Enquirer: 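For discussion: a PDB structure holding Taxol.
Chains are lettered A, B, ... in the order of the sequence lines. Chain A residue numbers are taken from the PDB entry; in order, the displayed residues are 1-430. Residue numbering for chain B follows the PDB entry; the residues present correspond to positions 1-38, 47-439, in that order. Using the PDB entry numbers, chain C covers 9-45, 70-139, 148-218, 224-241, 247-364, in order. The analysis underlying the following values was restricted to heavy atoms, covering all of them including side chains, and did not include hydrogens, waters or symmetry mates. Counting starts at 1 for both ligands and their atoms, in listed order.
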Amino acid sequence: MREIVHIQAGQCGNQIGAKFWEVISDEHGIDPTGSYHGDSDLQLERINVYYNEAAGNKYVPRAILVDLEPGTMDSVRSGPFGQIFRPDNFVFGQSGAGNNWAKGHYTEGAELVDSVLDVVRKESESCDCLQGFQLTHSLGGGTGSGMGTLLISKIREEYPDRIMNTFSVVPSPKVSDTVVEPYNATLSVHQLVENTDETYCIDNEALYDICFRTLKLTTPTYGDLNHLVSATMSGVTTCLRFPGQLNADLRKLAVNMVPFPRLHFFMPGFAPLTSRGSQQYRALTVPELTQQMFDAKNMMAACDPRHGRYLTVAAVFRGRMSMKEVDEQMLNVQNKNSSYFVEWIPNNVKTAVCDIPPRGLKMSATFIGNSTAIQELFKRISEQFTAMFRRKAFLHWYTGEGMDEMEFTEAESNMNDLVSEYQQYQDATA
Amino acid sequence: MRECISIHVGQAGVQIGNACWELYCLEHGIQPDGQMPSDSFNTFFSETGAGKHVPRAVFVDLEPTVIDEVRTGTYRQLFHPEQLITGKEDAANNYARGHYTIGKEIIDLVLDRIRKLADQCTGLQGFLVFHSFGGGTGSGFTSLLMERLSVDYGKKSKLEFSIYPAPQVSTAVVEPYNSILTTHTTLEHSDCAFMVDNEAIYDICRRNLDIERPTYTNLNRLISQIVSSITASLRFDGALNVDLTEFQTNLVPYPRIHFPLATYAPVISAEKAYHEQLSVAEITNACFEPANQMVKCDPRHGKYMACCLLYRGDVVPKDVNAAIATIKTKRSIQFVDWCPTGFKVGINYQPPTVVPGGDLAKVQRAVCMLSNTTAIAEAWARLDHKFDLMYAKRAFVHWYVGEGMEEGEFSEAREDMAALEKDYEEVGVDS
Amino acid sequence: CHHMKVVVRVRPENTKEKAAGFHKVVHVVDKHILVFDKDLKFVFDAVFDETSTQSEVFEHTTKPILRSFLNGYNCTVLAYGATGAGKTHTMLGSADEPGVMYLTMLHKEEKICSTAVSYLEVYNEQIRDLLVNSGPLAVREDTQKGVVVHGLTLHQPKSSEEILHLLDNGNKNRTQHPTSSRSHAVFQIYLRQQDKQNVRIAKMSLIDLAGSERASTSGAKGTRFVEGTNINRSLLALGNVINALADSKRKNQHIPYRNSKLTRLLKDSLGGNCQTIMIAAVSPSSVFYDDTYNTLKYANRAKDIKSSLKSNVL
Ligand SMILES: CC(=O)O[C@H]1C(=O)[C@@]2(C)[C@H]([C@H](OC(=O)c3ccccc3)[C@]3(O)C[C@H](OC(=O)[C@H](O)[C@@H](NC(=O)c4ccccc4)c4ccccc4)C(C)=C1C3(C)C)[C@]1(OC(C)=O)CO[C@@H]1C[C@@H]2O
Ligand SMILES: Nc1nc2c(ncn2[C@@H]2O[C@H](COP(=O)(O)OP(=O)(O)OP(=O)(O)O)[C@@H](O)[C@H]2O)c(=O)[nH]1
Ligand SMILES: Nc1nc2c(ncn2[C@@H]2O[C@H](COP(=O)(O)OP(=O)(O)O)[C@@H](O)[C@H]2O)c(=O)[nH]1
Ligand SMILES: Nc1ncnc2c1ncn2[C@@H]1O[C@H](COP(=O)(O)OP(=O)(O)O)[C@@H](O)[C@H]1O
Ligand SMILES: [Mg+2]
Ligand SMILES: [Mg+2]
């Protein structure tokens, strides 16, 4: 019925996609070889949302592997759960963007886009009722950001009535992993604002903070961060695969969480998260999940929701619970924090309950918050861009691929307008 | 004889209907697979072939999850396969999607199935429609379906069992839009509309039954008890019988005021059952308590217009008369000036049945009340204020506009609701 | 200087509907007062009816704007009406020739006047050039200037019939009922006044909007519906911008221009920097009933108070 096509571009996108597919395959009981060895019928009841049935009791994920360099997907293929993917969906070039948005959007991506779109069309026509797409990438690299934005624009042109989801790793506020991340981030937000239905913003620094403070992990690696992102993705898409007492798909969340077209940048979160030693000292109840969800330190983006006001909030519970408890918890949260929710929207919180819990835990929840405190990320990126752009530093790398300064000015002005809108919608005027 | 067709649309309607049909099969001795192991139950079932009973129901939804749950569950062999109708993509909390875009590909199929069901009928007198205001498919497809049925049938009564939005408790952000739009469209196509509030059911379950975790099953069981009490006059014989026409001719004084409130008594747990000698006067009195009301509104803020009392079990007419006279002489509850005789009483014989695993005791007598009161004007005012707040800045409007709805429909619906508010305020002035 | 004039052109009754058992829901009194049906009171500057011909609306539509469109940023004439009212007829049949081919001869003693014109349409949230066959164009913003359509074609007629040739070729390339759901056609005139001084910036903007459709109640699915509802969302964005440009004393704030390509083109023309006048068309029949009195009519009251500026004689 409602089915999803997955696309991942670049090094970070590829790694997050690999972790996410291992997670989902273990959730639906599919071995590395692709055969089914589960123990419930609900696992195979809605397998078609993410998988294609192959010959001989085999399941092939509906994923596209895109990269401008071959090493990352070579490692992905040679690793575990690397034989589960269809080899024809590995689409790679040979040159690479080199941390250049122009190279990934106008020089190499302009050459790989035809092949990637042919693969995407072949995957999408075989769908029975396409629900939407889903892109995993970042905003600080060349191939990831540039090719992801190009693919998003092309898909929006081809399929304008569908749902486009993005899980983009926005640049970190404190330490920068690339000298030219402001340029790429601005030029990619310029396209995300227009061509994306809803965008989930995640920061690596917030993930480190979660892994060091809540999980008490002494030495967190990128595997843990990809694990957290995979958990968030599965929690977001859980209602399409399992029955529930009150269910909401992607389009319902988009309708309930996006009041105006240009405001679709959310911050995600997960609960419960605890250390190994502290699990004996806590009780898993709906109030505890609700308390942990609405925590500043639990957010997956480096923004503090207490600096602004929530527009809308979505919580997707999983497990066996009572709707009365969930509803009174939402009411209590709304009434206690009346200064942190917008006045001109009553009942800021949307709710959904899924019957089947994550493997292991008996309870879980997912948080999606559309807050006006996300303007700080855009404001910081705009400040860095306009500081580096007056001196025209590192600009010739971008203008040697045909890009002209009018595009930079347009992107900066669009980002400034988005910041102004988010700031202005903190005023009730009533 | 005389039969009734039940229509369940949306997730709320489908689940409520599942509970109601489990209760109905339990009442008449029908096994979950339809067979009778051992004939006044044909007003809801039909004899097919060699001793199989098929309910006269149609299950409609725009997504396959809950209808598939029904198709796989223990009652998979009770319903006709073609009566569980399923779409592909739900309305996603959008009135425009359900009414204009997604409902138009299965409306013809649903109407054809309804016609096929009613043709087999020989004394059809009404439809029962279960839905919720806040949903997308619920509100939209219910409005479209009632418009089509009113065009097609016209004289047959059309009752409603809807889930009114709660004053504070909510599970969606765009609820006021859908509620206002569906009310505006449906106001001229429904003969009656009984409503309950989920928040009030939570309160009743927490207080009366002493349950701290009342999932949707308990609410659906309470609503099933209400519907069973309403239709027992049809299915069983009694001292006084009430049809589907008497409800509309007694509870609806004006064509735009057809929103009664449904309560039930006694809702008690088996711990307090052994210590209480429940009798006609006590349950009749309990039907009037503001805390026992099943919609989150205070009847003391308005004036009663017409009340229907449905007794079943070990109930004597003289005790009913005495209890009603006692209620009438009470000065704390008010009736409108132009309704000197405002009671309709029906007395049945079959006591309410107990569903194993339920949270209710076994009682020898029970009461179901349906009352028309002006205390719902406050609920209308609250809904209109929410609509006005969310609409002044045109929030979420683009979602509806992109699915085929013009901007004028919001203004039309708001003006219609204002007119309804003025009508409710004018009907309650003494003269 | 500030009054955004709103004129209502009451269309003559349709020939097929006139005798088919309908009444008139719009009653005309004179050129200053109008009455609806219930019995609502409406005043919209000048009011026209079936008696006035195509050229008879010139007296209160474009003539006391285009006296000499140099002292101000001047014309931003829109055309509401929705389907079947006659906005496209009124604009593109006659009442655009009074603008040019009828007001190209205006004196030369104090100035030397030359013009530059361009034509574009907005279809499916994309911009196309109607005079030359070119693909979608990109709108670029900047602090110094306004919005500029990257790739538009500029033309400088040096006579009068050149404008009629350009206009005639600008309508056969419009997406003409694949009248029905269509594209918003924008005509831009640039006035040059080289002195025989540097007071030469003026631009005249003429817009012929599309109509809002109800789809399922009156319309279709597939195409004519995907190409539809883009008109609806663009009109919603335009209405939001208009409402935000005339709200009480707050005004200012943040006006959501970027929600559509149509409103971006009007960033420098819908705000208060020019003398602008609106035209709306309404059908007096009762078959439409509701769509004739809504943001078609209620909203134009809110756009009679769009305070503007004209001191910038540039
Ligand atoms: C003693 C014990 O049994 O521990 C559990 C466990 O549940 C705990 C400790 C887990 C554990 O998680 C971690 O320790 C962890 C470390 C780094 C990064 C992220 C997590 C666990 O890994 C998590 C894992 O849970 C799952 O398997 C979930 O289904 C999870 N899937 C995976 O983790 C997974 C990993 C590889 C391959 C396939 C699946 C999941 C979560 C969300 C959505 C879908 C699936 C299990 C049972 C445990 C350990 C092993 C310690 C916790 O995590 C989650 C996601 O539930 C830590 O905070 C919770 C608290 C839990 O009690
Ligand atoms: N009493 C009761 N109410 C329910 C039940 N299920 C859903 N609801 C109500 O329905 C509201 C949510 O909207 P739905 O009725 O589920 O909408 P829908 O029918 O699924 O249609 P969509 O909006 O397209 O998903 C909630 O606010 C609940 O109050 C139920 O089983 N019992
Ligand atoms: N070479 C390369 N580097 C990237 C790309 N995208 C992002 N990066 C950089 O990689 C950093 C983190 O990415 P990564 O560690 O792979 O993401 P994670 O493992 O999921 O947390 C970011 O700060 C980016 O600067 C890309 O496409 N190619
Ligand atoms: N003053 C008028 N006299 C006669 N017919 C008119 C008048 N104004 C408009 N019409 C008719 O109304 C119709 C409206 O169509 P048109 O203006 O081309 O597109 P739209 O319906 O989108 O405005 C035209 O076909 C035209 O014949
Ligand atoms: Mg549903
Ligand atoms: Mg036209």
Enquirer: Okay, which bits of the structure are Taxol?
Expert: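 You'll find it at ligand 1.
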Enquirer: Find the chain in most contact with Taxol (ligand 1) and give its name from UniProt.
Expert: Tubulin beta chain
Enquirer: If you measure heavy-atom distances to Taxol (ligand 1), which other chains fall under 4.0 Å?
Expert: A
Enquirer: Which neighbouring ligands or ions fall closer than 4.0 Å to Taxol (ligand 1)?
Expert: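 Found: none.
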Enquirer: Any of the residues UniProt assigns to GTP binding in chain A within less than 4.0 Å of Taxol (ligand 1)? Only heavy atoms count, please.
Expert: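 Of the UniProt GTP binders, heavy-atom contact within 4.0 Å holds for none.
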Enquirer: What do you see: which UniProt Mg(2+)-binding residues in chain A have a non-hydrogen atom under 4.0 Å from Taxol (ligand 1), if any?
Expert: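 Heavy atoms under 4.0 Å from Taxol (ligand 1), UniProt residues: none.
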Enquirer: Please specify which residue and atom carry a covalent bond to Taxol (ligand 1).
Expert: none
Enquirer: Hi! What's sitting within 4.0 Å of Taxol (ligand 1) if we only look at heavy atoms?
Expert: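 By heavy-atom distance, those residues are A/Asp26, A/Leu215, A/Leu217, A/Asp224, A/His227, A/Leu228, A/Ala231, A/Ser234, A/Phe270, A/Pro272, A/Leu273, A/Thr274, A/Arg276, A/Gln279, A/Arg359, A/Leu361.
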